[PDB]
Q: 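For discussion: a PDB structure holding escitalopram.
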Amino acid sequence: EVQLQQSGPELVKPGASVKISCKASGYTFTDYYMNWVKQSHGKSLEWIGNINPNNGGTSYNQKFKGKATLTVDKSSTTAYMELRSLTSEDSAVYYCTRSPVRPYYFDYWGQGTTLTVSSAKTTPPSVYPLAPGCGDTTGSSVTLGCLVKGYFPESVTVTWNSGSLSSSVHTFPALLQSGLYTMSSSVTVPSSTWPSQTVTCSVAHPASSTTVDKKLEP
Amino acid sequence: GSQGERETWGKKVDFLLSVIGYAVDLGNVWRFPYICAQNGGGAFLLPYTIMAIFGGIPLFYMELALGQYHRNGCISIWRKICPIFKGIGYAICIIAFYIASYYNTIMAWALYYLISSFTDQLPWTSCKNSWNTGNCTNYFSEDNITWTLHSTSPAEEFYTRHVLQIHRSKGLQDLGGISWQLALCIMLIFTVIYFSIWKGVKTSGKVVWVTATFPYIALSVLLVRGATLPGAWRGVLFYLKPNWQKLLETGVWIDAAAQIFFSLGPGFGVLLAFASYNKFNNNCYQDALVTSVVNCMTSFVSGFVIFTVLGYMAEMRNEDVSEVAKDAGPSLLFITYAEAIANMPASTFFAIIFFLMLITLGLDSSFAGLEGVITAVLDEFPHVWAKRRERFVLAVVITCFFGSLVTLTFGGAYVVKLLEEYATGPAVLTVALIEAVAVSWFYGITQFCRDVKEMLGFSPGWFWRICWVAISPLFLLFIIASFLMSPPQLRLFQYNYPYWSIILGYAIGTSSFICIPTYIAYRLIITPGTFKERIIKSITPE
Amino acid sequence: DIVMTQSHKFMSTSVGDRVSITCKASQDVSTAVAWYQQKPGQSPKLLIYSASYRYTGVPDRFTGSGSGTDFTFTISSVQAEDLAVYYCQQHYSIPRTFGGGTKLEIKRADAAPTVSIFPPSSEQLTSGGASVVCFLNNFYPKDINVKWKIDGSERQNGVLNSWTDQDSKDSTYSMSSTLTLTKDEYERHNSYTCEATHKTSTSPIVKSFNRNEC
Ligand SMILES: CC(C)CCC[C@@H](C)[C@H]1CC[C@H]2[C@@H]3CC=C4C[C@@H](O)CC[C@]4(C)[C@H]3CC[C@]12C
Ligand SMILES: CN(C)CCC[C@@]1(c2ccc(F)cc2)OCc2cc(C#N)ccc21
Ligand SMILES: *[C@@H]1O[C@H](CO)[C@@H](O)[C@H](O)[C@H]1NC(C)=O
Ligand SMILES: *[C@@H]1O[C@H](CO)[C@@H](O)[C@H](O)[C@H]1NC(C)=O
Ligand SMILES: CCCCCCCCCCCC
Ligand SMILES: CCCCCC
Ligand code: NA
Ligand code: NA
């Protein structure tokens, strides 16, 4: 049960600073190096630096010297990384990963932390239901779906009936336009469960902390 | 008169190998390869020579000439040059007492490592010992093993917890008490140096025959051994890989200068004493040139001797030779290299000849080290001393032994670092600067060139004169200023030195040359007449 | 520093085929190469360490080989859930660098795109807008044309195509064509129609609906 739980998404204006946490469990925290890997959108992994939890023995990368600052707390077994002078390039997904001294592999990773560096205002998402017409042909399966328009940044989660069931859910990637994102979701459910039971799509926006739920109606 | 003339050398080759044996030591083996690897690689060869030709060689030759000309000790020679600077001859003495406090103890370790290498199975191979912890993980064990932040190797465990026993101390604060084993070892060493000095230059020219010739043989064996090891090309590559961007840094030049200073060991009076016992018409140029050219070459091949083995070690592990060579100290020899030796056929052999090599690397250098001081005191206090030489030499050796008991403690290595980097070093550089200034700007460089013109039959070239006049004192001045402006942060065995360490080091350092200004004040307060007349009797030879 | 170069940014394979990814390093590495697997939307997962050795909790189908500068990660039996981006990484010199990444796409038989058109909801009409949606589900490959028709006329403005990543169950792509329009313009037209042209059939799939209360 080696688990590495990081902090949530962060939306910060350029020039400011941001701190990311990393709570470790399931292993002896004082036994392994704690690392931080930066992954840009569509790019490769990029090792920032490590830190020795025993004494805080940091080892940064030359590319990140003066860019990132690593700290550690043994009292709660939690690592931290601070970034100052934030720019558009810093807008990426950051991981904190465990690693031994030798051989230096990254055995366990964190779930990641989506960082968005922009001065754009936190816009709440508009949730509009996408119900099939009353003139459509009900076959062996009906396809439902929900639409999300206008929100910032890329931090949204669309679930279906508390994650049950979702064995045919198709989620479409968000598209950015005029500083606002727009995405959509669909689900293929048989005709023997609609509209008999209750099917409700949930749209959560952690950046604006807004959760809107909409039920499909033919 | 009661006594007329002093003794001489038994043979040219004897002292020719004596000075070389003193120049060559531990530092030649492991310090130069490391500092050469991390400062431009092969490109470090360029500033290393420049700091030699302009800095090292002129000081070496200038030091070697005065001794063979005046034939006086480190103390009595100033009475014939600049009496007020006579304190120099005393300062060095005190300096020596500090140096001998640790420089021998190192050898002790090797000795303790040598007497433990007579077993068919070397102690630092297995983990089933009385000093190893539960962290001890060795090879010929389960595969797939993965190293941990707290994990240690049986070699590291053997050095740390057995011989050095540094786990029994919390630092400089609490280091007591003394280990009796290394005490017996250092007693054996203080005994083997006694019988090589007590009879004078007669034995110190004969004992050197073995101590100075053995390391080259052993280095040859280790060379042809390490060359046959698989993946040894990595260490050589890392050893010679040119990093010309390092030459732009003003640091590596200072590193080279300091390095070439300490390897040469001028300005200490040892070369003065060795030169004292020699033919008057004997050549000084060729002697100085040859010896030095060796002290360096020897460093150069020693580099291969180390990096082939470390390359093999990086091959057996997983690369980046810097990782296996992170620690820059005795641990590179006592842990890394030793652990590399343990994993080779005929390990007992390659261990014995290696530690024996270390000991012989140290003694010869330790022979002279005492030899210079003894010569100085005997020449300063003649016929009140020399009643027997064995008495005085014994009186020195025992004193050095009691002075080394602080280093024989559990937290002794800490003291070694502290004394070697914060105390003795900058003081030797300082007194070397004082000598370089005194001979060139007080006694006169012209008269010196005239003395050389008397000995060699011809006046030294402009290339050397211009070096003694300006290049050398600035050469030392640069190093001294570089150190004093930013003393290095000391670290040893996962232990950072306290902030007050520099205060203690400087305290020990300053207490060494308290004698020169107070002696200047002594003669200045003793000599009657005007202060200008006193300084005139202090500037003019006696 | 060290440059881990993956020449092939993308590689195609089928379910059950043998696939191998190459990794080129700057200098000689001996046997210090690690292979990580990163599924779309998840964190990287260590599969191979030290050239050939497998990590704990890794299936037998994942292997590793190589010794020097060129290294190879081999998969014997490709599964639908093996769909991920694979990375190689050196672990000898500081700093630790990674490869470009090889996105392993799965090749299979063609599939007919289930097209489904959807009328603007009343909740969107309340705010004062209307977007007709055209979903394209379960097809292969990714290359597919989408043409819109408001009232027989080819609509091209206000159309957004969104392609998802490949599927990890049946390996089928899916896309969404969105036609965003105003309420005023929406209430001036009745029957919308979206059509899709794929390689499965020469005749484009046509879906249509009426605004007059379906
Ligand atoms: C050889 C003589 C002349 C040197 C004496 C200089 C004095 C002032 C120096 C030398 C050693 C130094 C001490 C070294 C040890 C300690 C213990 C530490 O917990 C407080 C600082 C303290 C107390 C230092 C204070 C300053 C100190 C006492
Ligand atoms: C220079 N060559 C390599 C020998 C080194 C040994 C050394 C030496 C001097 C007195 C002794 F009793 C024993 C040994 O000679 C001079 C010297 C200066 C410093 C400084 N700072 C440190 C050590 C020594
Ligand atoms: C191993 O080392 C750690 C710290 O280095 C120490 O806490 C632990 O007690 C050691 N193990 C044993 C069995 O002594
Ligand atoms: C591999 O090494 C690790 C070191 O932590 C160990 O936990 C693991 O059990 C080893 N693998 C096997 C199969 O024993
Ligand atoms: C590299 C220096 C070897 C000798 C170390 C002695 C400490 C004093 C040196 C001060 C100048 C660096
Ligand atoms: C200037 C050196 C001062 C040292 C104090 C002991
Ligand atoms: Na030397
Ligand atoms: Na020697």
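Heads up: chain A is whatever sequence line comes first, chain B the next one, etc. The PDB entry numbering applies to chain A: residues 20-237, in that order. Note that chain B carries the PDB entry numbering, so the residues on display, from first to last, are 74-615. Chain C is numbered as in the PDB entry, which gives 21-234 for the residues shown. Computation of the quantities below employed the complete heavy-atom set of this structure, encompassing side-chain atoms and omitting hydrogens, waters and symmetry-equivalent molecules. Order of appearance sets the numbers: ligands from 1, and atoms from 1 within every ligand.
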Q: I need every copy of escitalopram for my figure - which ligands or chains are they?
A: ligand 2
Q: Name in UniProt of the chain with the most heavy-atom contacts to escitalopram (ligand 2)?
A: Sodium-dependent serotonin transporter
Q: Using a heavy-atom cut-off of 4.0 Å, enumerate the other chains touching escitalopram (ligand 2).
A: B
Q: Which transmembrane segments of chain B does escitalopram (ligand 2) approach to under 4.0 Å, counting heavy atoms and using UniProt's N-terminal numbering?
A: 1, 3, 6, 8, 10
Q: Which shown ligands and ions, other than escitalopram (ligand 2), have any atom nearer than 4.0 Å to that drug?
A: ligand 7 (sodium ion)
Q: Wondering about overlap here: which UniProt-listed Na(+)-binding residues of chain B have a non-hydrogen atom under 4.0 Å from escitalopram (ligand 2)?
A: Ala96(B), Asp98(B), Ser336(B), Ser438(B)
Q: Hey, could you tell me which residues sit within 4.0 Å of escitalopram (ligand 2)? Heavy atoms only, please.
A: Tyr95(B), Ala96(B), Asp98(B), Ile172(B), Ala173(B), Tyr175(B), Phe335(B), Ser336(B), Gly338(B), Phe341(B), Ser438(B), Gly442(B), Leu443(B), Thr497(B), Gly498(B), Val501(B)
